[PDB]
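Depicted below, meloxicam in association with Prostaglandin G/H synthase 1.
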There are 2 protein chains.
Amino acid sequence: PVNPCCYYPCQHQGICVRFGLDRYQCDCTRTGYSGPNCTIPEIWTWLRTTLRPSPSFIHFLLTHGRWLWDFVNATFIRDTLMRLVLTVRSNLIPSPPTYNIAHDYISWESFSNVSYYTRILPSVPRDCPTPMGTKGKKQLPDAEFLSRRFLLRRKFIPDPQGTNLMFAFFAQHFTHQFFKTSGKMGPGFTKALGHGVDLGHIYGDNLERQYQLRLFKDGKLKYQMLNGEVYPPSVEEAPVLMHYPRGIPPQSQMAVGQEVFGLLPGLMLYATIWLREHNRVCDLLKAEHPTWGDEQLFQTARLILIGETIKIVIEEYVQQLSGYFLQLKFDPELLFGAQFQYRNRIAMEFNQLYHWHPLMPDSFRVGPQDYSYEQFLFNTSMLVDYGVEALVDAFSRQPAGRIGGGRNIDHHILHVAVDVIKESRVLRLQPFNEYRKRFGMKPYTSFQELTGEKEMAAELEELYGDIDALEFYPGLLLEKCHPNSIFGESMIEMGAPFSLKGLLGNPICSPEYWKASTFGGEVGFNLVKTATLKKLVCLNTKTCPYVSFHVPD
Amino acid sequence: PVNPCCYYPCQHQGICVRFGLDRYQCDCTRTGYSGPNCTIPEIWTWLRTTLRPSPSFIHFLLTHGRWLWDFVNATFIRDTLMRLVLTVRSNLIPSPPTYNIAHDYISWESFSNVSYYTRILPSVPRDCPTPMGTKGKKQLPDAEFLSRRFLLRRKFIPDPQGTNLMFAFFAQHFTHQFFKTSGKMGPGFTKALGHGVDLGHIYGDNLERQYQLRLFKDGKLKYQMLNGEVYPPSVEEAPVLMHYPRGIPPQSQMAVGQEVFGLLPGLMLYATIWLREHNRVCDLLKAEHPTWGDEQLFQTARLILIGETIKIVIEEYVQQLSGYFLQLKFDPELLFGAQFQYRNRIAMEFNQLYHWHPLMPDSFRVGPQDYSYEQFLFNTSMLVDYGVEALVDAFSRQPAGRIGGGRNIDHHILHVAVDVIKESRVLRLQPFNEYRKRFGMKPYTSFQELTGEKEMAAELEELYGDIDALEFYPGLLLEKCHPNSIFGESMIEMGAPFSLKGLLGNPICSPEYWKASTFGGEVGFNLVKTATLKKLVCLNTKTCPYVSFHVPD
Ligand code: HEM
Ligand code: HEM
Ligand SMILES: *[C@@H]1O[C@H](CO)[C@@H](O[C@@H]2O[C@H](CO)[C@@H](O)[C@H](O)[C@H]2NC(C)=O)[C@H](O)[C@H]1NC(C)=O
Ligand SMILES: *[C@@H]1O[C@H](CO)[C@@H](O[C@@H]2O[C@H](CO)[C@@H](O)[C@H](O)[C@H]2NC(C)=O)[C@H](O)[C@H]1NC(C)=O
Ligand SMILES: *[C@@H]1O[C@H](CO)[C@@H](O[C@@H]2O[C@H](CO)[C@@H](O)[C@H](O)[C@H]2NC(C)=O)[C@H](O)[C@H]1NC(C)=O
Ligand SMILES: *[C@@H]1O[C@H](CO)[C@@H](O[C@@H]2O[C@H](CO)[C@@H](O)[C@H](O)[C@H]2NC(C)=O)[C@H](O)[C@H]1NC(C)=O
Ligand SMILES: Cc1cnc(NC(=O)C2=C(O)c3ccccc3S(=O)(=O)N2C)s1
Ligand SMILES: Cc1cnc(NC(=O)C2=C(O)c3ccccc3S(=O)(=O)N2C)s1
Ligand SMILES: *[C@@H]1O[C@H](CO)[C@@H](O)[C@H](O)[C@H]1NC(C)=O
Ligand SMILES: *[C@@H]1O[C@H](CO)[C@@H](O)[C@H](O)[C@H]1NC(C)=O
């Protein structure tokens, strides 16, 4: 007997449940629908859906008519839409979290064991005919061949939005505080138990690591002086597990919150920047609170930095990324009138989705120099040789690659993509179209409709056999881009909910935490409120380089 | 220079922050007040505070005019009031949690490290004149003397509400799933990382223990057959850490979710009850879903028992506790329209508050028999000798002591109270009056006013020296009861919010979880919705005893 749930019968987020030997029932509770498969809509649901403009139209709106938007932005409407934007997106994401790699059903273990990633759609049942459920072939396309054919970069395709490598290294650095898959526990498990913006890539995912990183004087982090400039300490002075290539001595390793940040100078750039910021904040705080001890200064500084990070990520990172003419605003108070849970759980689909490897260029231009991947990867002196100002200037001037559209991953790192697909198959992720429906979009009817061309569409059709068997991450990276945009609609409509749920779902964004007292007073509160990229860099440097998420022209 | 925060200057939940070398500022944000000490009310606050009757009045209302209430209970006014009460009560408890033993300010460590109990009020600063702040003597009254003088039971004072020992062991069993202070980490730390109704006192507070407890067949837990009856397995079959007296044979040690439950026959009684309920539920589940694996059966059964637990606690336990004519109701949907955080962090004050040892009698009568503490404590055969029915009936018939009033703790266990006071001094809890104010009550102006009598009042006045120096637990246990009640107004006004948050803050109460599919369909859902103590016991027994939370007429 075939598992009926393999047909994914229940629509509109209805929960398929197995009854008896060969029967199923759909839990249609609070879906807005009724019927055998949650297909019969209610009043307001029908009104809502029939009056819903397509995401493409909305995107068009947000990206055109600079007049209208320069007006809107200067009025309360900004907040209004923002709030709307806030309330509509977050709701897509189940909170408290639902399933994980072990349970395709709600369970107490799924809730209490934060060692798991969560998931939005349950896995493909193991007793299913084809790997992706019902459609497709007996064996999924070869991962390697797939990547080589459709994801491998031939000629470099720059991001049409002007995104630079400053953005890229910020994205990598930032996301690697909640994307930390456990190699010992395997796919579906994580070491970043903060499940959000806890800045564990600065202070460590665990207490002992944190303590080894701390000066325990004035709340500050350990550091070393080189050429008159502050840098992370060595593993010698801060005995912390760093993942370096063997043969490199603890004397030559720098210690930071994330074990892998030594493998790239952009990463260690951001570690350096945030370290300096932390200690500078500590200085402000101690100036304001002479009676405070090390602990309170450290903790408060950490809070301020979390606020600053959320503030900048929203008002500049996601800004640049979105290309919206609507000015995005970080203000927790907008949710103080809403039904919002301040908790976050990193999803596996979010992990898969954020593999923005096409961003990385062919080489790395630093001034008149051009360093290859071998020169750049695992380079242990570049940061110290050039300094922060220079690398920030350089990265901010060099453009990143377009994420969506296909054929734009440098061959040096294509293997990652391969592995992603493979992990997707171990994680038994549902097909792309299922996730499409899951985030409020119509499923595609053909590969042509996905790619917007015919060649790749034809060959993909050859490989998969059915569009309903197209895999999630391939689907994201091969989908046609919005006009002049950095990726397609799926990347946005799937990524945005996770993104803002993780940003605003942070406890500091709660009525309980969002106070001056929490940040040591008005000075800290303002540090959070007025945080920009430019300030974050220049306030901790001697000189001020070009600092921006986009190229200067 | 004296710490100004020692004077507790900040009013109405304002946050005192130490500025400069001898200054302070109050964070008055969203308190409803303004001014230096947050003493200047906003218009709506003022209005609200003028129209608000006292807690005693509300108590009178809830405890008089059975007619009016019998009308309200047959209407939607029940739901309206219940919702009112829910909102109002829950808004007192900070969510996300604020402070812990290490941190008297908001920190990321206090949010993320769930090994800590939380606290509503910060500790008395370590740089204060008197132990309680600025009032009282340099030394607190001797805990032992305090206990002997004001807590030692002379004559047994039965609870005027009709409470039995079935209730007492229920309260103990139930609350020991989230009260598990760490003997190794010390005061202010917990092993129950669940921080709520997770039923770890059945399944274990860690995964390893859980697995050792599980049959891994059909979702059930291991068990043993004695005299044709089902009991928890022996340690020999389920090798887990249980705290038994050295010398007791392993085949005489039953393995349950909570390590200390072998020390009392009441505890092991309830443990047995819940075990049988779990396996029975599994029978129902598997009958409904033959294709299900042991894991899914287990997890679903667990969630069902959690639901039944909150159901019974709210509609019968708390009902008997409060004595309200308002029939309380467990309905998560009452909160679907409001702003509520489905998370809980066990507060240390809640721990202290819930020390209801006066409930325990002088002896434990079982039918014609009457056992002593030396016969009842650590008795490892009593439960099997009498059986479930017999013990349930027995405990249901024998009365329990009144909690409030004073001088009603049996001398066998009085030491506990001593150790509590001591710990309250370790925890540096604020004085009774500060917590009174924190929970929307007016501070007591004398011990006279507190006790309602003159003897205890005068001696207490001599010992403490000032009313504003009266400690938390002493104030709770010595405060005059409501007319014919089991305790006074403080035990209710501080106990209610915590309890409330603990029950409804459970993620199963969430709109995300509160679906039939979560409980394996209509059947499981109905089990939760119609759960009953009477049913809990009699459905798993052979014969049906007297089972209730109050003595018969
Ligand atoms: C030279 C630049 C980069 C290199 C060498 C690199 C390499 C890698 C490698 C080797 C992994 C682990 C793969 C595995 O263990 O199978 C990884 C993971 C990942 N990378 Fe990249 N990457 C680069 C840039 C980026 C950028 C710019 C992003 C932007 C978001 C990114 C996103 C991710 C994500 C989301 C993961 C998953 C991490 C986890 O699951 O814990 N990478 N990368
Ligand atoms: C024969 C009956 C009882 C005995 C022998 C007993 C004994 C004890 C003992 C020895 C402790 C630990 C004290 C320490 O470690 O210093 C304790 C703690 C405690 N007791 Fe009882 N008790 C009894 C009844 C009850 C009841 C009916 C309740 C109902 C609420 C209760 C509530 C508590 C609580 C909440 C704790 C704190 C546990 C923790 O923080 O981990 N006790 N009791
Ligand atoms: C969270 O779940 C994981 C997965 O079950 C737990 O790790 C497992 O522990 C069991 C029993 O202790 C072992 O048999 C498995 O080998 C473990 N699995 C893996 C992949 O390591 C983990 O202990 C749980 N975490 C908590 C805090 O309970
Ligand atoms: C790491 O990067 C540094 C740059 O800081 C590289 O050093 C430069 O590389 C070439 C020499 O072959 C020239 O551009 C410069 O003369 C070097 N600059 C300095 C300051 O020495 C270095 O080659 C890289 N290291 C590795 C192992 O690739
Ligand atoms: C939660 O906090 C406690 C207290 O800080 C941690 O326990 C301490 O850990 C440090 C370093 O690991 C030790 O030096 C202390 O002796 C420990 N104190 C106690 C009382 O155990 C605990 O590890 C933290 N837990 C988590 C998960 O972070
Ligand atoms: C544990 O409780 C049992 C009851 O199950 C006690 O055994 C009974 O003791 C009384 C004495 O007061 C006798 O009259 C009964 O005949 C006994 N019943 C049985 C079945 O033996 C026992 O004394 C208690 N054990 C301890 C160590 O105190
Ligand atoms: C590929 C993407 C990853 N994350 C994206 N996020 C957004 O599109 C998005 C936000 O993340 C967000 C953050 C804070 C407030 C509001 C928004 S958003 O409207 O959901 N939007 C731009 S898009
Ligand atoms: C001494 C007390 C300990 N716990 C108490 N709880 C109540 O007074 C109380 C509840 O616990 C509660 C539970 C569920 C819904 C509503 C209520 S309540 O209104 O806060 N109330 C009776 S009183
Ligand atoms: C519901 O789904 C099942 C399986 O896909 C199908 O047999 C049935 O016809 C569907 N009914 C409706 C109304 O969509
Ligand atoms: C505020 O409280 C402090 C401490 O009790 C007191 O000294 C001060 O006079 C108060 N100020 C006002 C304006 O009430």
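Chain naming is simple here: A for the first sequence line, B for the second, and so on down. Using the numbering of the PDB entry, the residues shown for chain A are 32-584, in order. We number chain B the way the PDB entry does; in order, the residues shown are 32-584. First listed ligand is number 1; within each ligand, the first listed atom is number 1.
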Practice task
Please list the parts of the model that make up meloxicam.
Solution key: ligands 7 and 8
Handout entry: Chains under 4.0 Å from meloxicam (ligand 8) (heavy-atom)
Key = B
Exercise for the section: Could you check atom 19 (O) of meloxicam (ligand 8) against the protein and tell me its nearest heavy-atom contact, residue, atom and distance included? Expected result: B/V116 CG1, 3.0 Å
Handout entry: Shared residues: UniProt heme b-binding in chain B, heavy atom under 4.0 Å from meloxicam (ligand 8)
Key = none
Handout entry: Closest active-site residue (UniProt) of chain B to meloxicam (ligand 8), heavy-atom, 1 Å
Key = B/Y385, 5 Å
Practice task
Using distance alone, determine whether B/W387 and meloxicam (ligand 8) share an N or O pair under 3.5 Å.
Solution key: no
Practice task
Return the UniProt transmembrane segment numbers of chain B, counted from the N terminus, that place a heavy atom under 4.0 Å from meloxicam (ligand 8).
Solution key: 4
Practice task
If you have a sec, work out which protein heavy atom is nearest atom 8 (O) of meloxicam (ligand 8) and how many Å separate them, to one decimal?
Solution key: B/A527 CB, 3.2 Å
Handout entry: Identity and distance of the protein heavy atom lying nearest atom 13 (C) of meloxicam (ligand 8)
Key = B/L534 CD2, 4.0 Å
Handout entry: Closest candidate by heavy atom, reference atom 17 (C) of meloxicam (ligand 8), pool B/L531, B/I523, B/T206, B/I517
Key = B/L531
Practice task
If you have a sec, work out which protein heavy atom is nearest atom 2 (C) of meloxicam (ligand 8) and how many Å separate them, to one decimal?
Solution key: B/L352 CD2, 3.5 Å
Practice task
State which residues lie within 4.0 Å of meloxicam (ligand 8), judged on heavy atoms.
Solution key: B/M113, B/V116, B/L117, B/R120, B/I345, B/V349, B/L352, B/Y355, B/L359, B/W387, B/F518, B/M522, B/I523, B/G526, B/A527, B/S530, B/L531, B/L534
